[PDB]
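Only one structure is covered here, and it is reproduced in the block below.
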Amino acid sequence: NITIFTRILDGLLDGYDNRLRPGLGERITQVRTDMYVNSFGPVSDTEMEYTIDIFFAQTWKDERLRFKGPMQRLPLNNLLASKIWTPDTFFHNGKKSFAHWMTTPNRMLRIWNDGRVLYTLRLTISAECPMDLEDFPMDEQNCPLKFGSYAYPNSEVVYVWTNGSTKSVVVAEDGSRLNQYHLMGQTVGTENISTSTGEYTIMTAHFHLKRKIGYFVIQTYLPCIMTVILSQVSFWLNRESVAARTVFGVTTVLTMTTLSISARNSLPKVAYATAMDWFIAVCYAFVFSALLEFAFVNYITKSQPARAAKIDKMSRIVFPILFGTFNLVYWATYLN
Amino acid sequence: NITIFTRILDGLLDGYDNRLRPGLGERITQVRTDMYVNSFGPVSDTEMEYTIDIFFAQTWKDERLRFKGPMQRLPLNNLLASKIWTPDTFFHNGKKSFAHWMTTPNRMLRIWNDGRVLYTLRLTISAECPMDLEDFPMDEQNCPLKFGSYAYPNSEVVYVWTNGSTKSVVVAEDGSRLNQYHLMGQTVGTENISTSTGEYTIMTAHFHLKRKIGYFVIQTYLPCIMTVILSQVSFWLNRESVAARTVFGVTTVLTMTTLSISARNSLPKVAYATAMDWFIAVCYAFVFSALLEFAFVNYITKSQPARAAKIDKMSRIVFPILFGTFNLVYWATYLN
Amino acid sequence: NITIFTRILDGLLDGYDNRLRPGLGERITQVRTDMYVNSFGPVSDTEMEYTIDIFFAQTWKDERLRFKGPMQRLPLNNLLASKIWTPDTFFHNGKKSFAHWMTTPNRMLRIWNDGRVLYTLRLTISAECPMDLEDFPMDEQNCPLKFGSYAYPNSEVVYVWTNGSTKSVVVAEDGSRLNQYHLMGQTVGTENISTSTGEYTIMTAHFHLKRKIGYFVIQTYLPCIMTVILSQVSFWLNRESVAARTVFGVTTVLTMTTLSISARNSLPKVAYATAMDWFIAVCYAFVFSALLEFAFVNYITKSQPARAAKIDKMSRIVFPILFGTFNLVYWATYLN
Amino acid sequence: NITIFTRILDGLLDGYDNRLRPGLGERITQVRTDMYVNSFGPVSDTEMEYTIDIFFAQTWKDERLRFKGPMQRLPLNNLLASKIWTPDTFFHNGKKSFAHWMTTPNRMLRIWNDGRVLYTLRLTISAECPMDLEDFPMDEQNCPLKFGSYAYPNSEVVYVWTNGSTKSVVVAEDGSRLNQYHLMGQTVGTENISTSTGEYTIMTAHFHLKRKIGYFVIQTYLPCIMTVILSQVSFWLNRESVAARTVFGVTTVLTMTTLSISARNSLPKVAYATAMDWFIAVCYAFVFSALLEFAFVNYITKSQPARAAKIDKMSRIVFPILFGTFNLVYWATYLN
Amino acid sequence: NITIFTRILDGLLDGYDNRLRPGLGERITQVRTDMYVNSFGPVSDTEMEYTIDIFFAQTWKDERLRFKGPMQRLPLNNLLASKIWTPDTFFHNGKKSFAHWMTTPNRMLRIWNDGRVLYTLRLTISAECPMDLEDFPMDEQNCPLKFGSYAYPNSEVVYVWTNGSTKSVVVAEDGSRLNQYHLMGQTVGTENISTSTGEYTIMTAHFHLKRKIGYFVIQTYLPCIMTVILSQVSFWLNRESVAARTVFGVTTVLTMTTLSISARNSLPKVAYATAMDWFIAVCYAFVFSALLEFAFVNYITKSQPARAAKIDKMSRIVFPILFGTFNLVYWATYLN
Ligand SMILES: Cc1onc(-c2ccc(F)cc2)c1COc1ccc(C(=O)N2CCS(=O)(=O)CC2)cn1
Ligand SMILES: Cc1onc(-c2ccc(F)cc2)c1COc1ccc(C(=O)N2CCS(=O)(=O)CC2)cn1
Ligand SMILES: Cc1onc(-c2ccc(F)cc2)c1COc1ccc(C(=O)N2CCS(=O)(=O)CC2)cn1
Ligand SMILES: Cc1onc(-c2ccc(F)cc2)c1COc1ccc(C(=O)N2CCS(=O)(=O)CC2)cn1
Ligand SMILES: Cc1onc(-c2ccc(F)cc2)c1COc1ccc(C(=O)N2CCS(=O)(=O)CC2)cn1
Ligand SMILES: *[C@@H]1O[C@H](CO)[C@@H](O)[C@H](O)[C@H]1NC(C)=O
Ligand SMILES: *[C@@H]1O[C@H](CO)[C@@H](O)[C@H](O)[C@H]1NC(C)=O
Ligand SMILES: *[C@@H]1O[C@H](CO)[C@@H](O)[C@H](O)[C@H]1NC(C)=O
Ligand SMILES: *[C@@H]1O[C@H](CO)[C@@H](O)[C@H](O)[C@H]1NC(C)=O
Ligand SMILES: *[C@@H]1O[C@H](CO)[C@@H](O)[C@H](O)[C@H]1NC(C)=O
């Protein structure tokens with residue numbers, strides 16, 4: 001009773017050329033693509049790449065695979081995949097893509113009576129996601145995923161998403177978990193590209209990433225904020241304590257300097273200033289300005305002591321207000 | 001006398017199709033799985049992955065492999081594995097799995113007269129273990145291991161553990177050794193998942209991890225604890241020693257700042273506060289508060305010296321008690 | 001209607017030897033090469049290598065592949081690539097080159113009636129780009145890309161660019177994006193090399209890189225500049241404040257020392273001085289010189305106080321002017 | 001005259017089944033193993049693994065390979081290795097093992113008239129070496145190397161070392177060179193293991209490693225020792241110099257704190273204290289105790305100056321003696 | 001006219017056994033080896049390995065490949081390489097060697113009428129270069145490159161360099177470029193090794209490396225030199241400035257301590273002292289000695305001030321002279 005299936009498979013492969021696409025010279029091959037994201041891999045800001053594991057599925061029609069039998073479907077595995085024609089789908093932005101081969105090559109092949117073919121493949125794509133870190137860390141990124149045929153132009157093979165956008169791309173509930181990003185949603189699109197080898201249709205999927213803040217607050221902002229407050233303590237010490245107030249200014253200035261270096265160690269070596277850089281720069285000004293106030297005060301503490309006390313007394317109020325005021329503008333500007 | 005074995009193997013492969021599962025269109029294929037963990041690989045908290053080396057064994061029934069001979073069993077190797085049908089088992093959460101091929105592909109194949117087949121394979125799985133580091137380092141993790149068929153739905157292939165849970169999964173005595181985790185135990189479960197390609201049965205194995213503390217005590221807590229004690233020494237110095245007490249406060253505050261940065265370098269860049277972070281924050285408050293006490297004392301050391309001495313004298317007792325009291329609450333809360 | 005294509009392909013391969021180049025012993029095989037750079041990978045200054053992803057295309061004439069049919073072209077895939085002769089093109093400067101195999105080997109093969117063959121391949125080349133970091137970071141680099149035949153000398157196989165230089169090499173608009181380099185343009189050239197195995201023609205492509213400054217300004221120059229300004233503040237303090245002015249000089253000198261170490265951590269370990277190194281060295285002299293001025297002033301503050309005040313007063317003006325003057329010369333020299 | 005060899009090889013493979021072990025169902029296959037260690041690779045303490053490159057040789061008897069000819073031996077290469085039966089030897093503790101394939105697969109095959117077979121293979125094994133770092137760096141490690149059959153139990157295949165232990169395992173004179181270990185010697189053993197798949201014989205080789213000290217002396221101990229001596233200098237300064245003695249105590253305490261952090265950066269993150277940790281802890285006590293002495297002295301320098309001088313004078317002698325005494329006990333205890 | 005070549009190749013392979021070396025049982029196979037180093041890869045001091053890319057060429061005589069035709073030579077590619085016998089050459093010291101496969105396997109095969117065969121292969125060898133870092137950084141290294149047959153002893157296969165030493169090994173002009181080494185020259189040698197499997201001839205190539213200094217001068221020596229000079233500035237300050245001179249001594253001592261730690265971070269963790277270590281140790285003595293001078297001076301500044309001034313005045317001259325004198329001896333000793 002099982003030998004019947006063997007006869008069907010042998011019959012289909014008989015007089016079958018896998019080097020020729022279905023409907024060659026008669027029509028245009030149409031491929032339906034659906035994607036399921038098992039896990040949205042880590043996003044490497046330094047390398048401008050993001051890893052992703054998906055179950056890529058393609059569907060098309062091949063009249064050469066029509067068959068008649070008790071079962072309307074023929075579940076199979078990778079063994080028969082190489083014996084038939086499959087699209088040469090590839091990822092344009094994929095810097096390095098590898099498959100999964102354990103325990104068995106993770107591929108599926110199903111065939112219906114009408115000749116419809118389902119080809120499912122598991123992939124891990126290390127794609128490239130260029131980013132504009134001008135509003136970092138209050139930045140939103142749109143990492144794309146482009147794929148299409150390598151050898152068959154639009155005139156021969158066309159890719160189209162199946163059903164609506166929601167069914168076209170699906171992300172696992174636990175897969176969309178990252179340490180420094182929120183997966184707001186996904187979008188799908190298409191576009192034709194003209195090349196020296198002809199026109200090709202491109203299927204594009206974009207993932208909306210909203211960076212989650214809180215790591216940089218504990219790592220960069222808070223040390224900068226508390227460092228500024230530490231400098232302002234010098235305003236409450238007597239002028240004659242030259243050495244004491246010198247330690248506050250010098251130590252704080254160096255502390256802010258190393259924080260800027262440390263902050264950008266993890267950040268990509270971009271040749272432009274970010275929002276965090278401006279915040280550090282302003283904080284650097286406050287600590288440096290406090291030291292200048294002490295130097296100016298200590299320079300005139302003899303000739304005109306009266307103004308020296310007023311400046312020191314006034315500075316106790318002005319500096320905290322300006323720094324507090326700056327934060328409201330800074331946070332409101334980038335959080336709105 | 002040895003040629004008889006050759007005839008049996010040749011006979012079994014004659015008229016044998018490896019593209020068809022046993023009992024196709026007649027019943028549901030049942031697979032029994034047993035796992036032995038040779039060594040529980042390192043757990044990468046930063047990458048939320050854990051490596052594991054196992055001897056994965058699958059058992060099923062294939063009536064096409066029945067034979068009669070002097071021996072009831074036919075020990076073999078990987079040579080015949082590709083000549084017969086094997087399940088397309090794969091790991092859903094396996095980010096990257098590779099086999100061992102030296103000296104010979106580490107696979108075993110045994111066949112009995114009744115047609116029962118044993119297929120053993122050695123694997124190294126780099127699975128993903130999402131973690132909730134809210135109670136870190138007093139956190140317990142449950143790293144799973146999910147596997148199942150890729151192409152054969154529940155209606156065709158079903159996986160079930162063999163014997164009891166203890167025999168189903170086994171961990172070597174020396175294998176369960178990690179630098180920062182205790183392998184409390186293992187659990188096994190099953191569940192059906194509905195997909196666009198049909199329903200699939202999933203075999204799940206969970207490993208209970210109890211983080212072992214002592215590295216962070218020597219690396220993070222103790223430096224923080226001793227740093228706080230160092231700051232409190234300033235309370236025992238005379239007020240007029242402005243520079244001396246300034247060094248204690250400034251140096252300690254910066255020391256705590258760098259400890260927080262250093263502590264999170266190894267820790268994953270999670271966007272939320274951990275138990276260790278709160279401990280550091282409280283320790284930061286004590287050192288910062290001590291400096292504020294000195295500044296306040298030095299500010300009123302002229303107008304009202306009487307209160308200045310009382311505050312300094314009182315602070316010698318209050319600060320150690322509060323810090324000691326906090327530790328009891330902190331340790332008891334997270335250790336109970 | 002589709003079986004006709006099968007007959008053509010079978011006919012071409014009949015009596016076809018892929019071990020022999022077309023026109024062997026009758027003429028010289030001519031290959032036309034065109035390159036499209038999908039993305040100019042990162043440039044590793046430390047390893048003197050740059051990654052690049054290209055769609056390498058080769059065109060040549062093979063009279064053995066002539067055919068007659070309704071279609072003037074035969075789009076195909078990698079399946080037939082191994083069944084015919086292709087040039088043994090390789091990259092001389094490619095330290096490690098790997099192909100892309102997912103979902104299908106990214107190769108294309110097209111054949112015309114006249115026998116013209118188009119062979120397109122996707123590659124990721126980790127080539128070597130030696131650099132002369134004498135004007136770093138104001139340095140311009142010319143990273144080459146050399147390729148040619150491995151076994152067929154100039155007398156048998158010759159490579160020539162197709163059409164003009166612009167069409168010969170093309171770079172994607174978004175591909176030419178780097179964090180620390182600007183892709184000014186590309187150039188193409190040729191040259192014959194004499195070897196023990198014969199003369200070979202070499203096709204060379206050079207990419208002009210103009211390093212973009214701004215990361216080192218925020219990371220190295222500014223901390224050095226502000227550190228120097230910090231030292232000059234000591235000139236505005238009274239001489240009797242020995243400890244206060246000592247902190248400025250000592251802290252600044254050490255700060256500059258660690259900046260030099262930190263700056264070269266990312267920079268390659270080249271055994272010669274760069275422009276940035278000279279800038280740091282000069283900045284180190286200013287901070288060190290300021291400390292020497294204080295030591296000299298403090299040494300003569302008793303015997304001849306009159307000159308001590310003049311030196312301290314004069315130093316307040318001389319030092320800022322010289323440092324400001326140096327920057328104009330430094331920046332103008334390397335930016336012109 | 002050379003065609004005779006071709007006939008012999010063709011004859012042996014005729015009617016030969018590589019899926020069946022020699023002497024199947026008639027006796028037990030006996031395998032003789034000899035190992036030569038070309039180079040003992042680096043030992044990764046952090047990953048608890050050690051690399052090793054060996055020329056693994058196996059010898060066994062196969063009556064099916066008997067032949068008669070002018071030559072008593074048939075040197076060969078990897079070409080015939082896959083055409084005959086070879087044991088499925090694998091390394092139980094090998095986390096990742098790979099072969100060498102350049103220029104040609106590094107394998108040898110020799111056959112004698114009697115049917116004896118020699119199979120030599122070159123391997124690079126990244127095995128796991130669990131370590132007990134309780135006496136670190138005065139610790140001795142015993143890294144094992146376990147291998148055996150994967151599919152053939154003890155009842156079918158048995159491994160035994162050839163000749164004595166010295167000939168069984170050999171290490172190259174220059175191979176046994178490590179930066180932080182001495183290869184004292186090697187030992188070989190055997191043991192039977194019972195599994196669900198049957199009993200298997202295990203061949204075990206242990207390498208005795210004696211860690212060589214001198215890097216940690218220059219990196220950890222000496223900075224700690226000199227730091228303690230630096231703190232004791234404060235005892236020779238006058239009490240009224242409050243700021244001066246404060247710098248010694250504060251700087252030394254922080255210096256010891258960072259040394260402990262730095263020391264464990266390279267060391268594995270083990271959750272227990274090592275001998276080096278105790279040495280650092282004691283050194284931390286001395287520096288911290290010195291600061292406490294100054295604080296206590298400065299606290300009573302007014303009411304009872306007489307005792308203050310005695311304590312400071314006495315401390316100059318007590319502290320060096322105790323620290324010197326501790327070293328003798330510490331070094332003697334762990335070096336004996 | 002091209003079919004003639006096909007007949008020749010088919011004829012040669014007819015009745016050809018690739019498992020047998022040429023001249024088997026009749027003479028000894030002689031192989032001529034020539035090497036061209038395209039680029040001398042980076043030298044990893046930490047891992048004691050150096051990468052190298054070469055075009056390895058082997059020449060030998062095979063009477064079975066004699067042919068008659070219009071052309072005296074048959075240029076070919078890797079396609080025919082596997083169809084004939086090639087030596088099993090391998091690198092004894094090669095820890096990991098991989099080939100280049102893009103665009104086509106980089107191999108060449110040429111055959112003459114007499115039967116002479118040329119086999120050229122491109123390789124990237126990560127060999128091991130043990131080093132004696134006793135004179136580091138004034139050290140000269142001799143990195144070898146050993147290769148020979150794996151299965152064919154000296155009695156069957158013998159390797160000999162072709163022509164003179166200069167032609168035997170060739171290094172590209174631009175290939176011999178390293179950041180911290182000078183490629184002085186190359187030497188070639190031979191030697192027979194006795195093994196359990198027989199005697200084998202070994203072809204050895206040594207590369208003379210002269211480390212180029214200048215990176216460590218800017219990274220280690222200069223900071224140490226300037227740090228010592230900074231300490232000597234304390235001798236020019238008044239004794240009563242206890243805090244001021246304390247900062248110089250304490251800061252300098254710690255600065256030297258961290259420099260030693262930083263210097264060895266890149267250096268391999270060798271368990272012995274290098275020349276740089278001695279230089280740092282001496283520099284550490286000068287800074288530490290200066291602090292001791294201040295402590296001794298401050299201890300006797302009351303009882304016998306006269307000697308205190310003399311010591312401080314004398315130290316201003318003695319210390320610079322000794323440090324300057326030491327450098328001349330140090331540099332002359334290791335540079336001569
Ligand atoms: C020389 C060559 O030979 N065969 C091909 C080729 C063409 C199309 C294929 F599908 C496969 C291969 C080529 C390159 O031709 C291209 C390809 C893409 C684009 C293009 O528009 N983009 C670059 C990729 S992208 O950034 O994803 C979107 C923008 C421009 N020219
Ligand atoms: C597009 C597509 O084509 N073939 C498949 C497919 C289905 C089942 C297979 F066994 C193999 C392949 C798919 C994806 O369909 C899925 C798969 C799993 C889940 C699911 O429930 N989970 C995701 C994996 S998980 O996190 O381990 C548990 C939760 C949801 N949809
Ligand atoms: C021993 C050997 O056997 N077959 C070959 C060989 C020759 C040419 C091939 F195309 C392939 C292989 C060799 C090396 O012969 C060479 C090769 C290149 C150069 C040369 O001029 N350069 C080195 C590469 S480069 O830096 O890109 C440009 C400068 C000098 N000698
Ligand atoms: C489920 C399964 O299926 N086939 C096998 C299997 C058995 C023996 C083989 F030689 C190959 C494969 C298994 C695991 O069975 C084992 C294996 C080893 C040990 C054991 O005693 N140790 C673990 C490895 S160890 O740490 O080196 C020494 C201690 C215990 N149970
Ligand atoms: C057990 C075994 O079975 N077949 C072999 C074998 C022998 C020779 C081969 F050419 C290939 C394989 C072996 C090891 O036998 C050896 C090999 C080399 C040396 C030796 O003298 N040295 C080690 C390599 S070295 O450091 O480069 C120079 C010093 C000593 N014994
Ligand atoms: C691509 O080409 C097809 C040709 O039928 C056309 O229908 C489609 O609208 C084109 N897509 C775009 C985005 O222009
Ligand atoms: C999965 O489906 C099978 C169908 O027989 C059922 O017996 C089993 O209970 C299901 N498992 C779960 C967890 O629902
Ligand atoms: C290389 O050789 C060919 C031989 O025809 C010659 O035409 C060409 O000019 C040569 N190229 C160079 C750069 O000399
Ligand atoms: C292993 O089993 C064999 C069976 O013959 C026995 O001879 C040998 O002593 C056993 N080894 C050990 C260590 O028990
Ligand atoms: C190696 O053996 C051969 C045998 O002919 C001999 O000629 C040669 O001199 C030997 N080489 C050395 C270095 O002893």
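Chain letters run A, B, ... following the sequence lines, proteins first, then strands; residues in each count from 1. No hydrogens, no waters, no symmetry mates; every other heavy atom, side chains included, goes into these values. Determined via electron microscopy, 2.7 Å. When a ligand or atom number is given, it counts from 1 through the structure's own listing order.
Looking at ligand 2, the drug among esaxerenone, basmisanil, apremilast, crizotinib, fluvastatin is basmisanil.
The chain that basmisanil (ligand 2) touches most here appears in UniProt under the name Gamma-aminobutyric acid receptor subunit alpha-5.
Every other chain with a heavy atom under 4.0 Å from basmisanil (ligand 2) is listed here: A, B. At 4.0 Å, heavy atom to atom, the residues around basmisanil (ligand 2) are A/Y36, A/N38, A/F55, A/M108, A/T120, A/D174, B/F90, B/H92, B/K146, B/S149, B/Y150, B/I193, B/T195, B/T197, B/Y200.
Here the protein heavy atom with the shortest distance to atom 20 (C) of basmisanil (ligand 2) is A/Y36 OH, 3.8 Å. Within a 4.0 Å radius of atom 28 (C) of basmisanil (ligand 2), the protein has no heavy atom.
Applying the 4.0 Å criterion to heavy atoms of B/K146 picks out, from basmisanil (ligand 2), the atoms 27 (O). Counting protein heavy atoms only, atom 13 (C) of basmisanil (ligand 2) is closest to A/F55 CB, 3.8 Å. As deposited, the model links basmisanil (ligand 2) by no covalent bond to any chain. Residue B/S149 approaches basmisanil (ligand 2) through these ligand atoms, each under 4.0 Å from one of its heavy atoms: 10 (F). For atom 25 (S) of basmisanil (ligand 2), the nearest protein heavy atom (residue, atom name, distance) is A/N38 OD1, 4.0 Å.
Those atoms of basmisanil (ligand 2) with a heavy atom of B/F90 less than 4.0 angstrom away are 10 (F), 11 (C). In terms of protein heavy atoms, atom 21 (O) of basmisanil (ligand 2) is closest to B/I193 CB, 3.7 Å. The entry attributes the origin of chain B to Homo sapiens. Nearest protein heavy-atom contact of atom 7 (C) of basmisanil (ligand 2) is B/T197 OG1, 3.5 Å.
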